[PDB]
Number of protein chains: 2
Amino acid sequence: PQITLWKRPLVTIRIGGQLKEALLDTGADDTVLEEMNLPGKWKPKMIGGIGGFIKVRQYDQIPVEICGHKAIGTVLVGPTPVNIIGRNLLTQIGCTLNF
Amino acid sequence: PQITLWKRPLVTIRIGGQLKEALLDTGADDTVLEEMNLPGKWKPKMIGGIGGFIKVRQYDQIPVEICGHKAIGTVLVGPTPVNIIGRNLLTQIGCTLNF
Ligand SMILES: COC(=O)N[C@H](C(=O)N[C@@H](Cc1ccccc1)[C@@H](O)CN(Cc1ccc(-c2ccccn2)cc1)NC(=O)[C@@H](NC(=O)OC)C(C)(C)C)C(C)(C)C
């Protein structure tokens, strides 16, 4: 699909057996999801945005479906106001910026 | 052009007669530049990201050339690690996300 930027580029994702709304974010190195209790080992990490750093849990090799396109990679989980799909997954579905 | 996302989508912009590198950011509502002087009256504003809120200077109706494409719009200036081009200007240059 082609997604215009008149509104926030929110799409449906599937993860851990839940459907969620997430922002397709070319300004994000990493994928950061709202708090959820995924199974498996994780590692602590601190990630920084505009207002400073937050503590997140890093989970590896989590399958994520983005608009019916399959992806698998690292997901960070923590106190974010919005679910963010970053470049680590956007590359996997062949996402480009075009103008 | 078509820009892939295996690296950060940094492009050269021209603003106030100066050249700067900036991130094309579909997850940003607003355009936020590192601290710099711009001509004209500004008003204090607050904007929020991950890590919380920051105070910025809001400048209205600033021309910005993004990879040779002209935009004129609101530019915020404040403490950011990277220059961010957000949706307010991305829409002006006809930028879309495609996969
Ligand atoms: C209405 O809210 C917004 O649109 N808020 C904004 C914002 O922070 N956007 C976020 C996504 C977002 C939206 C709304 C609420 C919370 C978060 C991103 O589009 C841009 N942001 C802007 C940003 C980009 C880079 C950096 C940075 C950090 C360390 C070293 C180099 N750069 C910091 C902030 N990037 C990041 O925060 C990412 N950071 C990142 O990839 O760090 C490398 C995360 C996500 C992985 C944390 C702006 C201030 C830019 C307008």
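The chain called A is the first sequence line; B is the second; the pattern continues. Sequence positions for chain A are given in the PDB entry numbering; the residues included correspond to 1-99, in order. The PDB entry numbering applies to chain B: residues 1-99, in that order. The basis for the numbers below is simple: all heavy atoms, side chains too, and nothing from hydrogens, waters or symmetry mates. In listed order, ligands and their atoms are each counted from 1.
The drug that appears at ligand 1 goes by the name atazanavir.
Ranked by contacts, the chain bound most extensively to atazanavir is, in the PDB entry, Protease.
At a heavy-atom cut-off of 4.0 Å, other chains contacting atazanavir: A, B. Taking all heavy atoms of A28(A), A28(B), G48(B) into account, the minimum distance to atom 50 (C) of atazanavir is reached by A28(B). Only side-chain heavy atoms of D25(A) come within less than 4.0 Å of atazanavir; its backbone N, CA, C and O stay farther off. Considering both main-chain and side-chain atoms, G27(B) comes within under 3.5 Å of atazanavir through a nitrogen or oxygen pair.
As stated in the entry, the source of chain B is Hiv-1 m:b_arv2/sf2. Remark: atazanavir and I84(B) share no N or O pair separated by less than 3.5 Å (distance only, no angle test). Below 3.5 Å of separation, one finds no N or O of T80(A) facing any N or O of atazanavir. Considering backbone and side-chain N/O of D29(A), one or more are found under 3.5 Å from N/O of atazanavir.
Distance from atom 45 (C) of atazanavir to its nearest protein heavy atom, with residue and atom name: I50(B) CD1, 3.4 Å.
The contact set between atazanavir and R8(B), taken as ligand atoms under 4.0 Å from a residue heavy atom, comprises 25 (C), 31 (C), 32 (N), 43 (C). Contacts between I47(B) and atazanavir below 4.0 angstrom, taking non-hydrogen atoms only, involve the side chain exclusively. Applying a heavy-atom cut-off of 4.0 Å to atazanavir picks out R8(A), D25(A), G27(A), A28(A), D29(A), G48(A), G49(A), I50(A), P81(A), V82(A), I84(A), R8(B), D25(B), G27(B), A28(B), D29(B), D30(B), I47(B), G48(B), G49(B), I50(B), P81(B), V82(B), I84(B).
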Short N or O separations between atazanavir and the protein, below 3.5 Å:
from	atom 1	to	atom 2	distance (Å)
atazanavir	4 (O)	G27(B)	O	3.3
atazanavir	4 (O)	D29(B)	N	3.0
atazanavir	5 (N)	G48(B)	O	3.0
atazanavir	9 (N)	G27(B)	O	3.3
atazanavir	19 (O)	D25(A)	OD1	2.9
atazanavir	19 (O)	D25(A)	OD2	2.8
atazanavir	19 (O)	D25(B)	OD1	2.9
atazanavir	19 (O)	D25(B)	OD2	3.1
atazanavir	19 (O)	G27(B)	O	3.2
atazanavir	32 (N)	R8(B)	NH1	3.3
atazanavir	35 (N)	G27(A)	O	3.3
atazanavir	39 (N)	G48(A)	O	3.1
atazanavir	41 (O)	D29(A)	N	2.9

